[PDB]
Amino acid sequence: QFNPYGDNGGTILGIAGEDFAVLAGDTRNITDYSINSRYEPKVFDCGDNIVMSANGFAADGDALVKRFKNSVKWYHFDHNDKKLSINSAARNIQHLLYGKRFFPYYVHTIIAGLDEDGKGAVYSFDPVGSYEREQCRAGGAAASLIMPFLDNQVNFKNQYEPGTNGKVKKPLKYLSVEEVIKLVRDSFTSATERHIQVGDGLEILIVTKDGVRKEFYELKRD
Amino acid sequence: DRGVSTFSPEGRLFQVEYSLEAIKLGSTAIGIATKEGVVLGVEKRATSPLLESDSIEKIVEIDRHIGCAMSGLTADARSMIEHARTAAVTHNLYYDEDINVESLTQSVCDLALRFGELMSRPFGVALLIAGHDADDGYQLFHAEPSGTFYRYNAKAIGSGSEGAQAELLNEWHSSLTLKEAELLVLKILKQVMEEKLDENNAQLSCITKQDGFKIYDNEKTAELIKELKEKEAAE
Amino acid sequence: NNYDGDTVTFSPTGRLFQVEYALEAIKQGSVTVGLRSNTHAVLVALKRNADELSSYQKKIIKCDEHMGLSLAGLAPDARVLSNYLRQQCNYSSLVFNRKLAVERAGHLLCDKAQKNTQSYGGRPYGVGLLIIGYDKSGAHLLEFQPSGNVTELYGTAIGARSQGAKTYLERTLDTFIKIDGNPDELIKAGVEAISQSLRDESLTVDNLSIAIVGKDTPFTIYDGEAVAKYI
Amino acid sequence: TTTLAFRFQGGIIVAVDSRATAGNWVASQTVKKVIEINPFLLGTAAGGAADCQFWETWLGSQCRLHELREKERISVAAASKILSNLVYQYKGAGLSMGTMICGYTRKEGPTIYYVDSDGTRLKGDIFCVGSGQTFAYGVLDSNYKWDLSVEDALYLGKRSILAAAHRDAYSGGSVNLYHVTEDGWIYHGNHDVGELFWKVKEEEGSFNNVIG
Amino acid sequence: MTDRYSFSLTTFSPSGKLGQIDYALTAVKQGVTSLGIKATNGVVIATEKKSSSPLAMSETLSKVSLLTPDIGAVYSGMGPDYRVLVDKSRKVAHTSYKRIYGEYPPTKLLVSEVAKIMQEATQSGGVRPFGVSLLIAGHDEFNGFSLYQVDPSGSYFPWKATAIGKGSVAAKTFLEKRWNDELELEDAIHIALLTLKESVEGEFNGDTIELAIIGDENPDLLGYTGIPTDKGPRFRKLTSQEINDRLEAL
Amino acid sequence: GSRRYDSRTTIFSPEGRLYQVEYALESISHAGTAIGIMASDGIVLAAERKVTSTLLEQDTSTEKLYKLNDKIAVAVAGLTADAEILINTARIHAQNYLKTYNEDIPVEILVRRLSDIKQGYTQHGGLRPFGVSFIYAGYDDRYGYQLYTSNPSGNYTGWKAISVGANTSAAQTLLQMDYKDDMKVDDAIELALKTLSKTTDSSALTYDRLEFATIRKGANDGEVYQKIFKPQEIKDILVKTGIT
Amino acid sequence: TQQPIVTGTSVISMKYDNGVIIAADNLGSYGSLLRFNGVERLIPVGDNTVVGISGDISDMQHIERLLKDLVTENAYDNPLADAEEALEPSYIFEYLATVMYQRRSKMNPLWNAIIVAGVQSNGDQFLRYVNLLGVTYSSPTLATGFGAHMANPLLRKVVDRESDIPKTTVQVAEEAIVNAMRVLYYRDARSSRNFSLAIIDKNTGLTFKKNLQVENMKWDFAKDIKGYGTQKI
Amino acid sequence: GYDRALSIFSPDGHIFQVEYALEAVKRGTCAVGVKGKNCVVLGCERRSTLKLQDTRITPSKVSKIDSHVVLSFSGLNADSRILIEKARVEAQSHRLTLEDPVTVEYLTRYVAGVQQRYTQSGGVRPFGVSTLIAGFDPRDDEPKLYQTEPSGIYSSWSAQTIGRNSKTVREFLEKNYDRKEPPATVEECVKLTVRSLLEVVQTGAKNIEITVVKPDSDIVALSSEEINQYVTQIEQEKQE
Ligand SMILES: *[C@@](C)(CO)[C@](*)(O)[C@H](CC(C)C)NC(=O)[C@H](Cc1ccccc1)NC(=O)[C@H](CC(C)C)NC(=O)[C@H](CCc1ccccc1)NC(=O)CN1CCOCC1
Ligand SMILES: [Mg+2]
């Protein structure tokens, strides 16, 4: 019997700073035990300082990104070139996803950008549209490997102040773009080591008020 | 007879032009836009003294940030308001934000020409759509049955429109306060109204960023009427 | 006379009066001018107001990053047609990853307007459009009439007193066509062209409306203080 | 999930956890399971995350359209029935929703309606909904009285979620408290179980099963 | 495109007349004379075969039609309208009766179904009434022999004997003098031929006259044997020779 | 297009009348008179056939009086073909009610639904109305014996005695004169015939030009019987009242 | 819901400095039966694109007709049909990719794996894959079926990343493709010796080679192999 | 389907079909609505050219839409049934979804919306009917009286009349009805309603119908003798 879904592997990662936000993702595309492409980007600039990635089944992922990109275009036409805020984009994506509630897009979606106060924002979606704003989110094949590391290093979970008898927690603070990129790179090298579907290359998209910058790094190709 | 969507030799749609004549027979409605807010006011015009004038609903809420006044065949406005309200709430559902006043007006005006041989005839009612948004601030729109809408600093529609519009031309300036605008609507309404203006046969409303769209009480308007008369006698 | 009741009727001399009456609605509309060089294409439009208290009716609409038009006549009909163009430009992008040719854009509008002139119940569109764009074969300017007739031109103008600007462009043809790699000078030529259609009124800051598209220029519209440069 | 809401002398208490799971994978510890429909209406969320979140957001739009059309705030009964009639249309399609519509109106007073995805709609004083509902019931029922103070009622609601957060593997994160009065709903803070458990253990002397 | 005529083309005039029905009846008046006579043991229906050209083969054009094995029909007015009514009448006898009850409908009910069709052409959108009056002769077990007239309005009346079309006024007067309740079938055929000679002008023989009967069952015309209850059609069309035999002893 | 040929059947006159309904009533006024008279112990239906021919088969004929169910009958005035369309609908509606509630349909409910159908043809659809007026005669266990009438407008009203068709003005005056509330069926039979006999456009009223029917409780114990009179039975009742 | 009947096996391809090479054998298998031997599975569209198709052949023939019709439709009212407004590989691919995904979304897929190889108007190499699921991806080397498992490893030794493309000549690239086709003949049970090869170059244009054969095969060592373990005769 | 636009604008800006529908209302028998301090009374004319009527079974002029709301009308009788039916269904549909009976304003708004829809829908003519809708909202003791008309406009009235010679009875009510002090009791309200109809009717026998509606679904129709007592009382006071 025909199975309309497939697993294209890969993994993605979003972190939000004070005045910036990053959305990273490896460039490896796979089916079963074969590599399809060592460089197939899945993190996209969608306009209005919104970056998006829909990891999982690539065909559904591409379809969604394509449709959201188109949603941004028509938002400009219908509302006098108004900038689509990250919170508005998120809600719009929920309706795109839930629109196919009974034949879902098999993807974990993450978008990143700046909120209307200029602060860094990351939103994450399940396959049928439930969404939540967070400081931190990993998605995809190696999400289970990366996410607990992020809890520890971004949100300082289970870390207490030395000598305070485990009474005072390590205080929360925003990370610099330099420190965030260090965590992204270490997360992906670690994921590459222990997950077979992760490797080849790492592409990061950084979002500030100035625009959308890109950075690329090699990953192990085994 | 003849087609509903027929052009005249001058290049106008007969039915649209005839619906405009129906709007001239309607009761007067005035709107004035300021930097402190937008004021909407209407002539109620009760056909008989036994009619309870508070039930005459010619000023209407579309959303918290958008209000609406009407003139002409007011029964036709019900489905237009229903559409506007749905459009406003629906956009909030899809985009987690308030909808632009212009975008709302455009959505209403898309219904206008959806008639022919869709509904059987154009709307016989004009609307003054007032509101506020973060981008273009305080706005006043005049939505016709032709499908056209103009933004206005001030605008009068109805039977006393051409006389009131000429008065608004002289009186309006870019530094009008909200209180000044309120009185100005009452002043111009009292001029063009047949019966003598009071709190029962005329109604005021406004929309401000802070408090949103509010229809004034008959007690509040009565004081603004009394304040208006005193100021005219004072010089 | 007896043959103007609907669009489905021919006159004894072979005329469609309803289509001609729709054409008449354009002549009443405010003037708008279109012209192009080899690198850029420009739309200039005189906007019209109800009175001093009102805003000025927006004449120019964007269809894609590389295409858009100006209108003259029934504005709601321009909204319907511009929306159709937006969808067709968009269909070409999503399905073929291909920017829609300005020539095909014209062909699609022609065929949409035509269907309304051969069927009972419907009516012709009551608006004229000037479509500009930059595609794989360079800059383009089209003139759409609701009879269905679409025409590619170097320059043109439609609306009330459009004959003045159209004569000027016919004289200036050799000059403005070679304004390559210079946006501001091509606009100046368009602003001087539309000025030949003015009577009693002159071009003010909230009256003039300009749009441009070209080689390294997306379709953008200029209004308000952004057109003060060209007065 | 674990969610509860109970009626008492001083109005309504509503308490929920904040965990979200995908099987045994703890997907989130910071989910908002209380939807603020309006200043007088609350909705709780348990079951499918998208189903609850999408349709309760939609419910809020329908309640807004009611007060625009009728110039009057929608009743808790009418609001709950809009949702129950909606899910009933989708009965068999596989929606997964366990919700509670809580609020105050003049005609009704404080009111709670249990609404779920197989179409059940029930008015009641006490309800617990979710994978850890039984754990919440155990604590809530054994300590519930109508004459509880606002202070004691808030605590019992909090303590009942904490109990379920502890025992139920698919509940936890943090406790979100709400109090609904004649004047509307009042938020009573987010309470992380990480600190709240030990704070409760020490002060209350409970949780003796755990290594202190 | 599409049928935009969804409105009635037959409407009441100020005087209360339904114009198109009246005009349809006028068309029937212009039509060739046809008649029907009911006997005690049968029914006869007859009409003149007005030939459009002597080159035309009048045998191919059948004015008298079999509807069921025990029911026949003849008309006056517009032939094409009659032809399509016969097609519809034959089909409705099956769809709305035989496929339900496993037997042919009684005369009165088939007539009722034909009337319904003609009534709908009087009220439905974008159609004119049928320009014919029918005479339907038939037999059934519980009602015996019967004769019905059906007008463009959809009205139908049972008759002992009647005539319609060109010379119907004179023909009805002739039938009043000759008709009695003791008439045998052969006597009714004789009277039918006498009545028809008055209205016919040119040739009067078996080739210019079309005549059929509803009489006794005809086992020879059934086409098969073996079922006792099936005894054959009561409808029989008289041959050209059979008519001429009766014209000698006229 | 087709607009040119549209009569616009469902519109108002400047005076606020429905043209087609008014003209349909004018049509009905030329139809054979039909009379309904309601007594305390039954109902009478009498109707005059339209100018009969001597060669018309009288015994196996039905023009005026039709049976809707066991408890309800109607007298027709107007186009017969139109009436039959409506009668079959009414017959079906009665059976739907019986199928749904396991009870015979109340008279008014049947009358209302049939009248609602007529109303529809005057407000929408662009079709001509049914050129028919009914007299409904029936019984149910709520209101007992009932007489109603409906017309092309779709408006219906109840009556003690009523006429439709031709000469209703003259007929209604005569009924209003001799009718009284404590009347019996046999007396109502006599009134119905006497009224037709005076209002008829014919020279003399005979058995062959009439249709007659009664709805009595004259069956055995607490049950209603419908009697559609045979030719010979009309001949006898006409002699018994001294008209012939 | 389908099941493929008559099928085509591997389609292999790669980029080189000035263009792209694509190849596919001429077999139409009917299960284990090697039914049809004259089947062309490389279909040129214009003089700048070649679509290589594997999987169900009935569906392949449908796609042929669509592409054929696409050329016709593009020519309509298009004076620049053989110039600026000619069909690009990217246009042809996106069209197919749209169809493939629409068909999977209607649970009635075109049971194929497709590789669109060509050269764009600006000289850039185009090579992209799409299949019955609507899944798309691009790479310096692309292959379907067994090609993905056996050809890609060999072709990636020549062009392992983007920077290796300018360093690879058409001679070297074709040699690798022809070698890969031989390996597939050794090891793929539904392959044939006969195949077609197409080169789309930005300078020399489209070169379509038919009736090629796998040659220079190693079989001699087979004679020394006796039994399956112990046997010495 | 029949599509023709029957209700359309004319050069002077009038929709003649809607205005001719008002003429049908003007032809109809008079109907009056008067609301007191704790009640509403609906009075209705019945023309006396119809004798030999059966008043048991003849459709009553006042119709119950729910147990707490009533609807009277003037104009085409057949048209009124369609509005009443639609209103009754909407009344039950409201109870089903909102778990609360309709307000008199809501029910009026619905009926008025139906009437409006028929003024700009293809293939249909407007309703030749104006209605008086009266009753009491659930758990409320404030009397409600609304009027609708073919165009679709609706409004609330302290007292109002519609139908033939309604301009005469409206004249009467305008001077006899005090806003500051409405009819304090049921008797006072009924008397004023009967008085107003006696300006137009003819005889006070079987020509006047009266229906009294009180709070909490308390509706009752008066009999002939009960109404006749008001007629007898008014005439004796008149001779002065
Ligand atoms: C307690 C906490 C647990 O039951 C509550 O009941 C909460 C309710 C809160 C969130 C409102 N319920 C859940 O957390 C709920 C449990 C559940 C899951 C699936 C079906 C029914 C109930 N969890 C979810 O809804 C999660 C939330 C995400 C992870 C933030 N979502 C999923 O599991 C999604 C969507 C499931 C789905 C439903 C209907 C149609 C299609 C899909 N599924 C995935 O993300 C699949 N998978 C997760 C692991 O990574 C690979 C992809
Ligand atoms: Mg790896």
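Below, chains carry the letters A, B, ... as their sequence lines are ordered, and counting in each starts from 1. In each ligand, atom 1 is the first atom listed, and ligand 1 is the first ligand listed. Values reported hereafter were calculated over all heavy atoms of this structure, with side chains retained and with hydrogens, waters and symmetry mates removed. Per the header of the entry, the method used was X-ray crystallography, 3.0 Å. What you see here is only part of the deposit, and the contact count is restricted to that part.
This structure shows the drug at ligand 1 to be carfilzomib (bound form). Taking the chain with most contacts, the partner of carfilzomib (bound form) here is, per UniProt, Proteasome subunit beta type-5. Within the structure, the other chains placing a heavy atom under 4.0 Å from carfilzomib (bound form) are, by letter, A, D. The bortezomib-binding residues of chain D named by UniProt that have a heavy atom under 4.0 Å from carfilzomib (bound form) are exactly: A49(D).
What the model shows is a covalent bond from carfilzomib (bound form) to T1(D) OG1. According to the deposit, the name of chain A is Proteasome subunit beta type-6.
Using UniProt's active-site annotation for chain D, the residue nearest to carfilzomib (bound form) and its heavy-atom distance to 1 Å are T1(D), 1 Å. Applying a heavy-atom cut-off of 4.0 Å to carfilzomib (bound form) picks out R101(A), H108(A), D126(A), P127(A), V128(A), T1(D), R19(D), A20(D), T21(D), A22(D), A27(D), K33(D), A45(D), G47(D), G48(D), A49(D), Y170(D).
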